[PDB]
Amino acid sequence: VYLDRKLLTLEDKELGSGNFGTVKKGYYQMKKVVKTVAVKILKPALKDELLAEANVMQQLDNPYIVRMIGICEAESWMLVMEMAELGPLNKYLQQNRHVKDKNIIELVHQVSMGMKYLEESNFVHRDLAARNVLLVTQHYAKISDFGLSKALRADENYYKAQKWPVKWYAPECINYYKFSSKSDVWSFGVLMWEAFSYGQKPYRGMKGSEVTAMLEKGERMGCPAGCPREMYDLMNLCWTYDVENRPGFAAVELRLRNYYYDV
Ligand SMILES: c1cn2cc(-c3ccc4cn[nH]c4c3)nc(Nc3ccc(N4CCOCC4)cc3)c2n1
């Protein structure tokens, strides 16, 4: 699973940035052809997180999850993934306002199919958000950034923690530090919110502690100008306060599969 630095070229246009360091476009010389890749380049432990991300990515084989080519012990540590060229789903819709809405259903479904796969595989993402949905084509998205993910113990249905996208986290993650596919389901509702908001941030202006209060009050995000009906009704079901009543991806994909067909 290790790669030859010499076989890898990096364009200077940094693709983006995060705590680990930067991500650059690059090209990796394969058997015979070259592959366009996106490469996480690691700038005091971030390493372990990165290899954790690669470990997870290494066991995932599914059409709606970004594929990892390998790792490169080169100048810095590098995680090389197959390139999703259109990039993050939020930034994209932020400047493709006039994208149909029926196109979005098909997209969030794919997300849910990838997320089902992840549920069944008993892995929890823990950072599910539109920004982590990468576009291959305008009609093909994949889930990325498994830096927080965890493989679940065979004996439990949740991971328990000992810096958080609070606005994407379910109440139980915040109250008890408990992360399950159901928590990912909550996030998937915030993701759907974003998508159907053509990339608007959720809970605009609010602080985490204030988002936390609003949800406990039984309040949820308003419907985004233009969203269909069931899609908002799906969001609210995803945002079920009680874990055990909240639908799993098995369920949420199932409904998702249909609704689209009828559009
Ligand atoms: C496969 C795995 N990937 C990971 C990341 C990526 C980029 C930045 C960050 C920051 N934290 N994690 C990241 C992952 N980005 C990928 N592709 C991608 C494609 C296009 C852009 N854009 C195009 C528009 O202008 C801004 C940059 C951008 C990206 C991609 N394809």
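Each residue takes its place number in the sequence, starting with 1. Order of listing sets the numbers, starting from 1, for every ligand and every atom in it.
At ligand 1, the drug present is GS-9973. The chain sharing the greatest contact count with GS-9973 (ligand 1) is, according to the PDB entry, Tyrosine-protein kinase SYK. Heavy atoms under 4.0 Å from GS-9973 (ligand 1) belong to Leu15, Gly16, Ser17, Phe20, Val23, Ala38, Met81, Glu82, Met83, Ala84, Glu85, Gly87, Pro88, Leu134, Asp145. A heavy atom under 4.0 Å from GS-9973 (ligand 1) is present in the following residues that UniProt lists as binding ATP in chain A: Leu15, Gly16, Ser17, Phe20, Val23. Atom 31 (N) of GS-9973 (ligand 1) has its closest protein heavy atom at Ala84 N, 3.0 Å. Nearest protein heavy-atom neighbour of atom 27 (C) of GS-9973 (ligand 1): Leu15 O, 3.6 Å. Nearest protein heavy-atom neighbour of atom 20 (C) of GS-9973 (ligand 1): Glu85 O, 3.0 Å.
For GS-9973 (ligand 1), the nearest UniProt active-site residue in chain A, with the shortest heavy-atom distance to 1 Å, is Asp127, 8 Å. Distances from atom 1 (C) of GS-9973 (ligand 1) to the protein include at least one heavy-atom value under 4.0 Å. Shortest contact from atom 10 (C) of GS-9973 (ligand 1) to any protein heavy atom: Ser17 O, 3.4 Å. Numbered from 1 in the order shown, with element, the atoms of GS-9973 (ligand 1) that lie under 4.0 Å from a heavy atom of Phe20 read 11 (N). Among protein heavy atoms, atom 4 (C) of GS-9973 (ligand 1) sits closest to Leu134 CD1, 3.4 Å.
Summary of contacts: the protein heavy atom closest to atom 6 (C) of GS-9973 (ligand 1) is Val23 CG1, 3.9 Å.
For atom 21 (C) of GS-9973 (ligand 1), the nearest protein heavy atom (residue, atom name, distance) is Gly87 CA, 3.9 Å. Under the 4.0 angstrom criterion, atom 25 (O) of GS-9973 (ligand 1) counts as lacking any protein heavy-atom contact.
Summary of contacts: the protein heavy atom closest to atom 12 (N) of GS-9973 (ligand 1) is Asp145 OD1, 2.9 Å. Proximity to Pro88 (heavy-atom distance under 4.0 Å) selects the following atoms of GS-9973 (ligand 1): 28 (C), 29 (C).
The dominant UniProt domain at the interface of chain A with GS-9973 (ligand 1) is Protein kinase.
Entry annotation: chain A, source organism Homo sapiens.
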